[PDB]
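Caption: PDB structure containing peramivir.
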4 protein chains.
Amino acid sequence: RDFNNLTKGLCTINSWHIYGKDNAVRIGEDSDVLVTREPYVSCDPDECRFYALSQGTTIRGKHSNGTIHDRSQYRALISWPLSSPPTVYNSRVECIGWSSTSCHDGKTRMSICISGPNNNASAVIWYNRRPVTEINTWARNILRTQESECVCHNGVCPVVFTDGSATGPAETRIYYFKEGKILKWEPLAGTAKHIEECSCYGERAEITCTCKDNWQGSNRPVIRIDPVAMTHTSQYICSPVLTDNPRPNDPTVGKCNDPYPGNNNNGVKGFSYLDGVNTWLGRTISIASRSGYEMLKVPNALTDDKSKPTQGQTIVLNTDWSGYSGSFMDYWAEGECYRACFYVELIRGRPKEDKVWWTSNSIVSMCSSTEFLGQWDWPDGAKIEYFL
Amino acid sequence: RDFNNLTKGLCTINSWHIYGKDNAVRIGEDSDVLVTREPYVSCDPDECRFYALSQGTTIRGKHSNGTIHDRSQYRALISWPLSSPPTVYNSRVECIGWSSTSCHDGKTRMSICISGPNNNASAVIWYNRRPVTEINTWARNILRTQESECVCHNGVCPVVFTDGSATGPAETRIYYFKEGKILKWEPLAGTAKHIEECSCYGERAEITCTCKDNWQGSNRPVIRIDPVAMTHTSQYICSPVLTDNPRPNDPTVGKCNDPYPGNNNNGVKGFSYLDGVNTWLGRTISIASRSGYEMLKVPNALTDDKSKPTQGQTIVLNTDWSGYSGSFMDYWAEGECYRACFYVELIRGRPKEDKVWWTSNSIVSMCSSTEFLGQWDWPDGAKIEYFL
Amino acid sequence: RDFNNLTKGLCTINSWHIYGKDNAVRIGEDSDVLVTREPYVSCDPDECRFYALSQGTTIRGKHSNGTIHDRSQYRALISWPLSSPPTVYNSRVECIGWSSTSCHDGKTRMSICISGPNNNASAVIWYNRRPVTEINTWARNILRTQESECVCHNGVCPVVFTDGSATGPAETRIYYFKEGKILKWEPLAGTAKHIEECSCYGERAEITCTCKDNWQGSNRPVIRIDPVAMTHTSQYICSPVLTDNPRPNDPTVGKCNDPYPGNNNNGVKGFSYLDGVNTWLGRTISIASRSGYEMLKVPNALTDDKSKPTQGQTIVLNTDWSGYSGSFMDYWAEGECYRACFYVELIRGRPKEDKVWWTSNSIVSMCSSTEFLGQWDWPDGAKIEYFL
Amino acid sequence: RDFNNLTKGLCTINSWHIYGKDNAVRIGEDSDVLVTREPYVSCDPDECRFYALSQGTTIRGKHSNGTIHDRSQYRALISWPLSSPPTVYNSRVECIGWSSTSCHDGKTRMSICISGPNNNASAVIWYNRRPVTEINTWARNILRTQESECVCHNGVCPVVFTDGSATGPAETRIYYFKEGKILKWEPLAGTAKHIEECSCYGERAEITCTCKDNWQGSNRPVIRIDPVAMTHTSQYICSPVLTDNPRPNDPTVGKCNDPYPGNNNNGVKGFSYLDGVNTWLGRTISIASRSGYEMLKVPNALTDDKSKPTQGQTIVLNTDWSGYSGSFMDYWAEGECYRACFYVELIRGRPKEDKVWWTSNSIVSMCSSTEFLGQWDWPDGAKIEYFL
Ligand SMILES: *[C@@H]1O[C@H](CO)[C@@H](O[C@@H]2O[C@H](CO)[C@@H](O[C@@H]3O[C@H](CO[C@H]4O[C@H](CO)[C@@H](O)[C@H](O)[C@@H]4O)[C@@H](O)[C@H](O[C@H]4O[C@H](CO)[C@@H](O)[C@H](O)[C@@H]4O[C@H]4O[C@H](CO)[C@@H](O)[C@H](O)[C@@H]4O[C@H]4O[C@H](CO)[C@@H](O)[C@H](O)[C@@H]4O)[C@@H]3O)[C@H](O)[C@H]2NC(C)=O)[C@H](O)[C@H]1NC(C)=O
Ligand SMILES: *[C@@H]1O[C@H](CO)[C@@H](O[C@@H]2O[C@H](CO)[C@@H](O[C@@H]3O[C@H](CO[C@H]4O[C@H](CO)[C@@H](O)[C@H](O)[C@@H]4O)[C@@H](O)[C@H](O[C@H]4O[C@H](CO)[C@@H](O)[C@H](O)[C@@H]4O[C@H]4O[C@H](CO)[C@@H](O)[C@H](O)[C@@H]4O[C@H]4O[C@H](CO)[C@@H](O)[C@H](O)[C@@H]4O)[C@@H]3O)[C@H](O)[C@H]2NC(C)=O)[C@H](O)[C@H]1NC(C)=O
Ligand SMILES: *[C@@H]1O[C@H](CO)[C@@H](O[C@@H]2O[C@H](CO)[C@@H](O[C@@H]3O[C@H](CO[C@H]4O[C@H](CO)[C@@H](O)[C@H](O)[C@@H]4O)[C@@H](O)[C@H](O[C@H]4O[C@H](CO)[C@@H](O)[C@H](O)[C@@H]4O[C@H]4O[C@H](CO)[C@@H](O)[C@H](O)[C@@H]4O[C@H]4O[C@H](CO)[C@@H](O)[C@H](O)[C@@H]4O)[C@@H]3O)[C@H](O)[C@H]2NC(C)=O)[C@H](O)[C@H]1NC(C)=O
Ligand SMILES: *[C@@H]1O[C@H](CO)[C@@H](O[C@@H]2O[C@H](CO)[C@@H](O[C@@H]3O[C@H](CO[C@H]4O[C@H](CO)[C@@H](O)[C@H](O)[C@@H]4O)[C@@H](O)[C@H](O[C@H]4O[C@H](CO)[C@@H](O)[C@H](O)[C@@H]4O[C@H]4O[C@H](CO)[C@@H](O)[C@H](O)[C@@H]4O[C@H]4O[C@H](CO)[C@@H](O)[C@H](O)[C@@H]4O)[C@@H]3O)[C@H](O)[C@H]2NC(C)=O)[C@H](O)[C@H]1NC(C)=O
Ligand SMILES: *[C@@H]1O[C@H](CO)[C@@H](O[C@@H]2O[C@H](CO)[C@@H](O)[C@H](O)[C@H]2NC(C)=O)[C@H](O)[C@H]1NC(C)=O
Ligand SMILES: *[C@@H]1O[C@H](CO)[C@@H](O[C@@H]2O[C@H](CO)[C@@H](O)[C@H](O)[C@H]2NC(C)=O)[C@H](O)[C@H]1NC(C)=O
Ligand SMILES: CCC(CC)[C@H](NC(C)=O)[C@@H]1[C@H](O)[C@@H](C(=O)O)C[C@H]1NC(=N)N
Ligand SMILES: CCC(CC)[C@H](NC(C)=O)[C@@H]1[C@H](O)[C@@H](C(=O)O)C[C@H]1NC(=N)N
Ligand SMILES: CCC(CC)[C@H](NC(C)=O)[C@@H]1[C@H](O)[C@@H](C(=O)O)C[C@H]1NC(=N)N
Ligand SMILES: CCC(CC)[C@H](NC(C)=O)[C@@H]1[C@H](O)[C@@H](C(=O)O)C[C@H]1NC(=N)N
Ligand SMILES: [Ca+2]
Ligand SMILES: [Ca+2]
Ligand SMILES: [Ca+2]
Ligand SMILES: [Ca+2]
Ligand SMILES: [Ca+2]
Ligand SMILES: [Ca+2]
Ligand SMILES: [Ca+2]
Ligand SMILES: [Ca+2]
Ligand SMILES: [Ca+2]
């Protein structure tokens with residue numbers, strides 16, 4: 001009943017344990033499972049749930065045809081019980097739109113959905129399941145946001161938005177909301193040259209967001225926000241362990257204040273936990289496509305431009321499809337530290353599997369362990385041939 | 001735990017933002033979605049839900065054949081979570097019947113359902129999910145009511161009913177209920193000549209209802225109710241911007257105290273927000289059929305017989321089917337004013353799409369913003385060819 | 001939180017209004033609706049629900065074949081929200097068995113299910129959703145009970161059971177339970193010669209049960225129970241308006257203390273409200289089969305052997321199938337009197353409709369009004385041809 | 001709100017009454033029922049639920065093919081309302097994995113799921129629906145646990161795990177958890193030579209577990225745990241009434257401190273209630289396959305190596321398939337004693353019914369009665385031919 005404060009630091013990450021997995025595409029082959037994409041996980045004080053952008057049709061439905069498309073009037077942010085699949089009957093609509101973010105401040109939840117045509121989109125900010133504030137596009141070119149949870153501190157929940165070209169300079173803004181109202185907003189500052197789809201987490205009154213430089217960088221831009229002062233900084237992960245996709249092969253020295261070149265106008269949402277020697281980066285295994293997923297322990301990745309891995313864990317084999325990935329934590333758990341968690345979107349269907357006419361995904365999610373646990377791989381598990 | 005009082009005025013409407021959309025016909029192509037019509041939205045102090053008259057069959061079910069019919073023994077008022085579709089498994093039956101209204105008074109909900117043959121229908125008034133009062137037909141010709149939410153003030157919830165011919169003078173009554181009991185009723189007074197399907201909202205201890213003159217008027221009749229004195233007045237929207245359907249082309253001067261002629265014996269349920277310069281009217285785009293939907297800002301529409309639009313917003317393109325529309329507000333929201341909202345029923349199937357043997361709909365709903373937001377169009381989205 | 005006491009009398013019954021209807025067979029043609037039979041309605045202090053004996057299969061399922069059978073290991077007492085259909089996903093299992101009763105005492109619910117082979121059945125009495133007491137068959141011939149709600153007074157909930165032949169003298173017992181424990185039991189006394197499937201209601205600290213004399217009577221046996229003294233009496237409804245089925249044509253004088261002859265070894269569960277001039281009897285319209293349903297006002301039917309109808313209401317046309325019927329009331333409603341209610345089981349399938357291989361039903365239920373309301377008829381509504 | 005203490009003794013078992021049955025395979029022939037195996041039952045202070053390991057697909061789904069397999073990435077521990085079937089829409093995922101246990105301590109529930117490849121599995125211990133502790137494999141050979149509920153006393157919930165060969169000596173550990181944290185662990189001691197899948201219950205501050213000696217014994221190993229001292233003992237049921245499967249014919253003298261020989265490297269999870277003369281053993285009827293199920297009253301079975309049955313009850317006929325069986329009790333029921341309960345997994349499909357490509361099960365469960373109740377048999381009830 002009081003706003004949550006980010007008073008703890010991250011727990012020591014020595015490995016990752018399975019947290020949730022919905023097997024949605026497998027189950028949806030013969031049950032009323034909604035087509036989704038851009039999933040994430042977010043916790044309330046008494047429950048943690050899966051979230052995603054529905055496409056407003058089931059996977060077996062005839063309206064699944066054409067669901068590779070990103071922005072239609074039939075999309076909505078939905079949430080559903082942890083590890084169940086997103087069904088027609090258990091999915092709760094949080095708001096209507098084709099780009100979203102959502103977070104609980106300790107008292108209630110803020111959810112944000114953006115909708116509209118490319119040149120006239122608008123964000124609606126919901127708080128306590130009611131619409132409170134609206135924001136019109138400022139650059140008239142696909143106003144858009146995180147696609148994973150936001151983070152709050154003493155009621156202030158910063159959110160990163162981008163409006164403008166995805167393949168050149170754009171207008172990124174950091175909005176500071178409280179009870180769904182705008183306290184302040186600032187234009188992006190720092191050395192990040194382009195920002196998309198930030199994945200954020202909080203610890204010791206600081207919010208760290210790992211984003212995607214769609215324009216030029218194969219290294220990831222990082223925004224660090226002070227939610228009390230309502231100010232931020234930006235840079236890139238200095239490490240040569242490159243974590244966007246597609247991307248060039250890893251070098252031996254990265255770039256701290258500029259995009260690491262080699263691949264232009266493409267990328268995938270991803271994340272990292274940046275905490276000195278307790279630093280872990282996620283990335284696709286393939287440098288060319290959204291296939292495979294691994295976690296690499298890269299001490300001081302944010303600030304050391306020669307930092308390389310000292311430990312790792314395979315999450316998804318390179319022979320299995322992956323997709324977006326993002327961070328979340330259960331800020332209401334017991335204990336002295338916050339346990340880092342992440343999800344990986346396992347994309348099925350188009351464009352990589354074009355024998356089917358749809359595009360959907362399932363979710364797998366892990367949280368850190370202080371033990372050094374054995375590893376397994378966690379594929380989507382569905383057989384495309386069954387849907388033919 | 002206290003009855004709600006209409007103490008606030010309307011927020012300034014500068015545009016409309018998306019509030020909810022269930023994509024029911026799209027989803028129902030491959031899931032157990034009930035056939036409905038005559039939908040609406042209504043809020044409780046802790047939740048807002050979609051409501052509609054079920055036809056007692058799913059859309060893919062063989063019993064969907066013949067659902068163009070208005071009044072069968074298989075209909076019921078159902079409610080379901082905001083923006084989910086009306087499924088067999090998540091729909092809550094409020095009462096049995098083929099005409100309804102429902103509203104929360106701040107303590108609990110009153111729901112009214114009318115059933116019976118044309119010459120012997122009766123209304124049952126439920127309060128706190130129990131039947132409390134019954135009213136027999138008084139004119140023996142399809143006793144019927146709003147098809148959208150009623151409004152309460154200090155426990156008094158006025159409801160408009162009509163019994164008698166739909167194409168000549170009829171017997172309209174305004175009932176004032178409190179805890180599901182009849183405090184008083186009055187025959188319609190004022191200059192409205194015929195009343196059907198009123199759409200109501202409340203602000204500053206006054207309830208305004210925009211209804212449909214099925215007999216002669218293409219302008220809409222308006223009933224204004226004082227819920228404390230339990231008295232009312234009636235007139236027509238004076239504006240030349242005609243909002244029924246079908247309707248003749250717009251003139252330059254309307255009629256305040258008589259039906260605007262040109263079209264007889266037909267009409268569609270609709271609504272308006274009448275608040276001086278903050279006045280917005282909804283209407284179908286087509287003058288001939290239930291196609292398209294737009295909101296027009298028409299300053300002083302109620303009292304100015306030459307008032308024309310000063311701003312507008314397209315909700316549904318004229319190349320997409322629309323249908324009934326009505327008003328509702330979240331009277332339990334935070335803030336200093338009541339935010340105007342509306343829904344549009346998107347009718348699919350018969351009679352306009354007769355390759356299918358059913359008639360159903362989906363819902364789209366918006367609420368006002370004080371920003372001037374970009375506009376999008378919101379069609380039902382289902383492909384009729386898939387149901388063949 | 002206190003046990004309910006039967007302190008009120010019945011409201012004056014001047015007509016019947018629609019209360020609930022699930023349209024289960026119609027909806028179940030294309031959705032996962034369980035096959036049932038022997039339904040009823042029962043209220044808790046905060047909700048009223050539909051109850052029935054599942055057959056442990058959906059209607060469209062291949063295991064629906066053979067569901068005319070009464071007693072299998074796949075049956076269970078289930079409950080579900082008022083007017084929704086009994087689906088796989090919303091049905092709550094109360095206990096396992098093929099004969100049941102259930103009632104709320106004001107604090108929590110007692111549910112009783114009987115299971116077993118014909119010569120070795122046993123009743124399990126559940127209280128607060130936990131098994132508390134068990135009763136073994138005493139006559140080794142289909143131990144069985146009401147098939148509709150029981151009634152409680154100050155925690156004492158009497159229940160009528162029968163064990164022994166259905167076509168000759170049997171051993172009927174009245175058990176008085178409190179918190180699921182046996183306080184006392186008594187053998188049937190009075191002039192009723194055979195008792196089956198009692199339908200009960202309570203008012204002014206007396207419980208009245210209208211049962212079925214399967215052996216010889218076409219008039220119905222009546223048991224009146226004093227739940228404080230834990231004693232009872234039995235007789236038959238004296239009226240010549242005969243209410244079992246099948247039955248001979250109505251005479252002009254009935255029998256008070258013996259079975260009215262003409263039909264042997266058959267019958268249907270039914271009910272009545274016996275309250276002086278406020279007396280209403282339900283019955284099938286047909287004298288030969290379970291078809292049609294009507295309510296007849298028969299002043300002093302219990303004690304006047306020449307009493308005939310003074311008013312009536314058709315519930316189901318004689319061209320539509322009916323079935324079991326029973327009484328229930330919402331003992332937790334507001335107001336000064338208890339409103340009489342009843343349900344009618346609308347049986348579909350075998351044996352009357354043998355083109356399908358299943359037997360199921362839907363439910364329709366009404367409650368009394370003090371108004372003289374217009375009447376409608378309420379058929380099941382499903383088209384058997386669709387299931388072929 | 002206080003930890004539960006095992007202060008009561010067992011009620012006198014004079015017979016068994018039906019408690020729950022989900023008919024999952026029958027219902028799942030035409031509804032969205034998940035494929036499962038390794039089910040169990042466990043109670044919270046306010047509800048009792050069915051639990052099982054999902055296979056992450058429905059039974060009618062094409063992904064049901066291959067579900068004989070024990071350990072995939074698509075398995076999860078799920079729970080669902082007592083006697084309903086495990087559907088896609090009502091099943092709650094407790095954790096991800098292919099081996100589990102779960103128990104309520106009076107304050108909240110602890111659930112444990114093991115996942116991973118055979119040589120690198122790990123257990124995750126959840127408490128209050130959040131991950132708290134992780135345990136890595138210690139013998140690198142299928143770390144695994146009970147497959148039925150654990151038992152708590154004053155917050156201490158002992159759990160038995162095994163890691164290592166299933167057909168030779170292995171490394172069994174007894175972990176003592178409290179609030180999901182490890183208080184202590186001990187290696188197995190006593191004369192049991194191999195332990196698998198323990199079935200446990202508690203009474204008078206002692207926890208008794210009946211397990212399976214997969215390696216050499218056809219008699220069952222028994223572990224008795226003192227949850228206060230956090231110590232244990234082990235032996236075998238001395239009785240000649242052999243209760244594993246497959247097994248040799250019963251001798252006249254059993255073995256107390258060594259495996260009863262005749263069958264190697266196979267077995268089925270089972271259980272017993274060991275309480276002096278109030279001792280009842282469950283077993284398959286067949287000595288060769290998982291067919292039939294019976295309860296036998298065998299006074300002093302644990303300590304008397306010549307003890308034979310004095311009473312019995314058939315649960316499942318030998319012409320019907322059975323499977324795993326385990327113990328649970330409602331520790332929060334009213335009364336002076338704990339009522340012994342058990343479930344039997346009714347396995348359908350492979351390997352015994354190989355015309356279908358799946359393996360699943362339904363559940364039947366009973367609790368003891370102090371009456372001597374008539375017996376019935378409770379088969380799964382589904383017709384395999386319908387799934388072809
Ligand atoms: C039971 O489970 C346990 C626990 O999971 C298992 O133990 C785990 O085993 C893992 C696999 O060996 C291991 O993970 C590796 O950790 C390495 C770090 O450790 C080593 O180095 C440190 C530092 O010197 C030592 O202290 C330590 O002792 C070790 O020697 C990582 O380096 C590994 O990652 C690299 O390899 C994999 C391929 O295996 C790549 O996918 C990965 O991206 C890394 O390599 C690429 O990137 C680097 C960095 O730029 C390049 O230098 C390199 O050339 C590669 O680049 C190519 O590939 C990438 C990706 O495609 C591409 O972008 C690029 O352009 C190039 O083409 C790996 O993470 C766990 O740490 C270990 N855990 C523990 C606790 O022990 C155990 O095996 C299991 N048991 C059984 C029996 O199965
Ligand atoms: C990004 O989004 C923003 C925000 O949504 C977009 O900006 C919006 O743009 C809208 C479209 O232009 C605009 O809506 C129009 O507003 C007009 C009022 O503004 C004009 O007049 C006022 C008053 O003088 C000026 O102050 C102002 O500056 C403007 O000049 C309305 O008049 C418009 O409605 C009329 O036109 C549409 C067709 O476009 C009809 O559907 C509608 O019914 C109205 O016209 C009929 O009715 C009138 C009244 O009787 C008749 O006079 C007229 O002849 C028409 O009658 C025929 O048609 C009807 C209907 O079929 C029939 O019944 C009748 O019989 C006749 O056959 C319209 O509402 C928004 O206000 C504007 N918002 C803002 C904040 O700017 C922006 O464009 C987007 N950007 C991009 C790049 O897309
Ligand atoms: C709008 O709705 C309103 C309200 O519903 C409608 O008004 C209702 O109209 C109903 C139909 O007319 C009416 O119900 C009838 O009531 C009769 C009692 O009223 C009459 O008698 C009293 C006493 O003298 C007068 O005071 C009063 O003014 C009336 O004259 C009942 O007697 C009626 O039931 C009998 O008829 C029906 C057939 O219509 C049978 O189904 C029924 O079982 C009864 O008859 C059988 O049983 C009796 C008793 O033994 C026998 O004597 C008789 O021969 C019949 O027996 C055969 O049939 C049975 C059944 O199959 C079989 O077992 C037996 O062996 C024999 O074969 C009937 O109940 C409502 O009371 C009335 N309500 C009000 C408030 O007015 C209005 O019409 C609607 N408007 C429109 C325009 O539709
Ligand atoms: C109404 O319901 C009531 C209540 O349920 C019914 O009454 C019940 O009737 C049951 C069936 O008769 C009965 O159960 C039997 O109880 C026997 C114990 O009672 C007898 O012995 C005691 C001790 O002397 C006496 O005091 C008592 O009066 C009785 O005489 C058990 O011994 C029975 O189990 C044995 O038989 C069944 C076959 O019927 C086997 O399945 C079972 O495993 C037992 O036999 C095997 O095991 C023993 C022990 O090692 C061997 O000695 C024996 O040779 C068998 O071994 C072969 O088979 C096993 C299993 O396949 C295999 O592993 C082995 O290698 C060998 O091949 C049985 O449990 C209930 O107690 C009784 N209840 C009451 C309260 O009365 C009533 O009948 C019903 N009414 C109607 C009309 O139906
Ligand atoms: C709506 O207005 C009525 C007064 O007109 C308020 O009613 C009073 O409420 C208080 C609190 O329960 C009582 O002590 C009075 O007896 C109430 N009755 C009247 C008629 O005076 C009501 O509280 C107002 N609602 C809200 C939400 O404030
Ligand atoms: C189970 O036994 C323990 C005592 O061994 C009880 O614990 C005490 O409970 C009271 C009430 O909360 C506290 O004041 C004590 O501090 C508790 N702790 C101990 C270890 O003493 C517990 O209440 C018992 N459970 C029930 C349901 O009675
Ligand atoms: C055109 C801008 C893109 C972000 C860099 C685009 N975002 C939106 C709001 O459309 C994403 C991108 O095209 C898709 C992907 O790369 O997987 C997802 C897609 N995201 C969503 N549909 N929500
Ligand atoms: C005959 C009277 C009509 C109202 C003016 C009629 N109302 C009823 C209760 O039947 C409506 C009208 O026929 C249909 C429509 O125009 O869309 C809906 C239909 N409304 C409903 N079925 N609830
Ligand atoms: C053989 C005894 C009958 C009661 C007089 C019989 N009751 C039971 C428990 O089987 C009923 C009768 O055969 C069926 C009917 O007449 O509709 C229902 C059937 N009732 C149930 N299946 N619950
Ligand atoms: C290889 C070890 C076996 C236990 C002795 C094995 N356990 C696991 C975790 O795989 C079980 C056994 O193979 C199957 C059975 O006998 O029915 C179930 C299977 N149990 C599970 N799948 N959970
Ligand atoms: Ca470089
Ligand atoms: Ca990039
Ligand atoms: Ca004019
Ligand atoms: Ca009109
Ligand atoms: Ca289906
Ligand atoms: Ca006679
Ligand atoms: Ca009879
Ligand atoms: Ca021996
Ligand atoms: Ca063995």
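Lettering of chains follows the sequences in order, A, B, ..., and the numbering in each one begins at 1. Side chains included, hydrogens not; waters and symmetry mates left out as well; all remaining heavy atoms used. Start at 1 and go down the list; that is how both ligands and their atoms are numbered.
To find every copy of peramivir, look at ligands 7, 8, 9 and 10. In this structure the chain with most contacts to peramivir (ligand 9) is the one the PDB entry names neuraminidase. In this entry, the other chains with a heavy atom less than 4.0 Å from peramivir (ligand 9) are C. Of all atoms in peramivir (ligand 9), numbered sequentially from 1 with element shown, those under 4.0 Å from a heavy atom of C/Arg75 are 22 (N).
Nearest protein heavy-atom contact of atom 13 (O) of peramivir (ligand 9) is C/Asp70 OD2, 3.0 Å. Contact annotation: for C/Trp98 versus peramivir (ligand 9), heavy atoms closer than 4.0 Å belong to both the backbone and the side chain.
There is a protein heavy atom less than 4.0 angstrom from atom 19 (C) of peramivir (ligand 9). By the 3.5 Å distance cut-off applied to N or O atoms, C/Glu196 is not counted among the residues near peramivir (ligand 9).
Considering backbone and side-chain N/O of C/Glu147, one or more are found under 3.5 Å from N/O of peramivir (ligand 9).
As stated in the entry, the source of chain C is Influenza A virus.
With a 4.0 Å cut-off on non-hydrogen atoms, C/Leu53 touches peramivir (ligand 9) through its side chain and not its backbone. Here the protein heavy atom with the shortest distance to atom 14 (C) of peramivir (ligand 9) is C/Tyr324 OH, 3.5 Å. Counting protein heavy atoms only, atom 4 (C) of peramivir (ligand 9) is closest to C/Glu197 OE2, 3.6 Å. In this structure, C/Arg290 has a heavy atom closer than 4.0 Å to peramivir (ligand 9).
Heavy-atom proximity to atom 8 (C) of peramivir (ligand 9), evaluated over C/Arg71, C/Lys212, C/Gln146, is greatest for C/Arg71. When heavy-atom distances to peramivir (ligand 9) are checked against a 4.0 Å cut-off, C/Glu345 has no atom that comes that close, whether in backbone or side chain. Neighbouring residues of peramivir (ligand 9) under 4.0 Å (non-hydrogen atoms) are C/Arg37, C/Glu38, C/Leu53, C/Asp70, C/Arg71, C/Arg75, C/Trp98, C/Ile142, C/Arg144, C/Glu147, C/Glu196, C/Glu197, C/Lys212, C/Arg290, C/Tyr324.
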